[PDB]
Amino acid sequence: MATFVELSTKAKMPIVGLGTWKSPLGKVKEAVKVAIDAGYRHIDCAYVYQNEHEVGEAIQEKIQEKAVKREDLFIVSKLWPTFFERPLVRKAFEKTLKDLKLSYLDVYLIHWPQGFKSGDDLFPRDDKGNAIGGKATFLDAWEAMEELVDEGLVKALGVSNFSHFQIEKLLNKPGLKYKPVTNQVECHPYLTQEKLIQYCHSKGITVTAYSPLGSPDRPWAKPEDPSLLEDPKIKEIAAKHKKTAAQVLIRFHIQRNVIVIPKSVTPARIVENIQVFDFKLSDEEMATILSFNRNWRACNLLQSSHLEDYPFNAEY
Ligand SMILES: NC(=O)c1ccc[n+]([C@@H]2O[C@H](COP(=O)([O-])OP(=O)(O)OC[C@H]3O[C@@H](n4cnc5c(N)ncnc54)[C@H](OP(=O)(O)O)[C@@H]3O)[C@@H](O)[C@H]2O)c1
Ligand SMILES: CC1=C(CC(=O)O)c2cc(F)ccc2/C1=C\c1ccc([S@@](C)=O)cc1
């Protein structure tokens, strides 16, 4: 059975969710439909993925067809940092919610802590491709997002790609109404996030692991980049359980009580990826996997590294 991680709000967040970044139009609706049929309840979405309108169609279909009730779904989206100015937070949210055809979101995340130039150019950049910053901050954004929770449009807020310093800046903000329920960050055996997970858990903040398979189809991959799915040592552990590497990579997070959101539009893989509750990695296997840490990021966003709130300069 597909288990949950309890949030600070007492809401139950399904521990495996479906990722939707780069899920193409014409495939993402079917991906969400297959996922819901396979027992997924948690779907991870974003404004910047530009496919929320199709995700919304799929969700609406399955609810209509009595496959699932809204209350049993757990829908997450994210505020892109070109929308940190107060009026833009509301407008960006309204587009996300309208696209998803929902009356509320379960969690709404700040997608990245660093502010970008405000507006509807999602990737404002210079000639070299470096991100253009904006003066509105994640605290400005949070302020506007808190209204959504007051109004019942969002059940809980969270953050993504925040370091512990940025989470501290948020938690210690005088006059804070709502606390983040999760920090969605890259996490897998090459980036085990031990210090950040410990920190977040100590503050009652869950962690959601993105790119758990190493994001093998990311547009900026470099052939010398490591490959988790083909890693002989990961494969060895998979073989031990007669499971696939992907299932080991997903189960890894489950055993750390970390939510994990593998992306697929392939029905067989969508099913495979949630077949992770009928085996257990041994204490020794978990220790071996943790030892693979390389501090390697598939998502380092180097093009924003000059910005004030770029999160990856800190140790954690
Ligand atoms: N907050 C953030 O900044 C942030 C950053 C990155 C990602 N995310 C979220 O996290 C989700 C997951 O991360 P991700 O999409 O970067 O990468 P990922 O889930 O690590 O890997 C996805 C890739 O692996 C393939 N795949 C999926 N299941 C497989 C399996 N069982 N065997 C072999 N290959 C498999 C997929 O192929 P097919 O789709 O062709 O099947 C796709 O190419 C995203 O979709 C997004 O929702 C958030
Ligand atoms: C890491 C990353 C993700 C993954 C995710 O959030 O799920 C992503 C998703 C999108 F729909 C668009 C951009 C990004 C992205 C980094 C990024 C890439 C190029 C630019 S501009 C420089 O071309 C800016 C940022």
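Residue numbering for chain A follows the PDB entry, covering 1-316 in order. Note that ligands are numbered from 1 as they come in the structure, with each ligand's atoms numbered from 1 the same way. Method reported for this entry: X-ray crystallography, 1.5 Å. Values below: all heavy atoms of this structure, side chains included; hydrogens, waters and symmetry mates excluded.
Lab note: main contact partner of ligand 2 (name per UniProt) = Aldo-keto reductase family 1 member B10. At ligand 2, of oxyphenbutazone, abiraterone, sulindac, the drug present is sulindac. Near sulindac, within 4.0 Å on a heavy-atom basis, the structure shows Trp21, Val48, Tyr49, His111, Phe123, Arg125, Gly129, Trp220, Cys299, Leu301, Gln303.
Counting only non-hydrogen atoms, the residues of chain A annotated by UniProt as substrate-binding that lie closer than 4.0 Å to sulindac amount to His111. Closest to atom 11 (F) of sulindac, if we only count protein heavy atoms, is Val48 O, 3.0 Å. Per the entry, the organism of origin for chain A is Homo sapiens. With a cut-off of 4.0 Å on heavy-atom distance, the UniProt-listed NADP(+)-binding residues of chain A close to sulindac are: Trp21.
Listed by number with element, the atoms of sulindac under 4.0 angstrom from any heavy atom of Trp220 are 1 (C), 2 (C). The shortest contact between atom 10 (C) of sulindac and any protein heavy atom is with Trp21 NE1, 3.4 Å. For atom 20 (C) of sulindac, a protein heavy-atom neighbour is found at a distance under 4.0 Å. Of all protein heavy atoms, the one closest to atom 24 (C) of sulindac is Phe123 CD2, 3.2 Å. Each of the following atoms of sulindac lies closer than 4.0 Å to a heavy atom of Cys299: 1 (C). Where the criterion is an N or O separation shorter than 3.5 Å, residue side chain and backbone included, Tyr49 meets it with respect to sulindac. Of all atoms in sulindac, listed by their number and element, those nearer than 4.0 Å to a heavy atom of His111 are 5 (C), 6 (O). For sulindac and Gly129, the ligand atoms under 4.0 Å from any heavy atom of the residue are 22 (C).
In summary, the atoms of sulindac found under 4.0 Å from a heavy atom of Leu301, numbered by their order in the structure, are 16 (C), 17 (C), 25 (C). Atoms of sulindac found under 4.0 Å from any heavy atom of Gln303 (numbered from 1 in listed order, with element): 22 (C). The closest approach between sulindac and any UniProt active-site residue of chain A, by heavy atoms to 1 Å, is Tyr49, 2 Å.
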Dump the pairs for me: sulindac N or O, protein N or O, distance under 3.5 Å, to 0.1 Å.
| unit_1 | atom_1 | unit_2 | atom_2 | d |
| --- | --- | --- | --- | --- |
| sulindac | 6 (O) | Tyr49 | OH | 3.3 |
| sulindac | 6 (O) | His111 | NE2 | 2.7 |
| sulindac | 7 (O) | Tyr49 | OH | 2.4 |

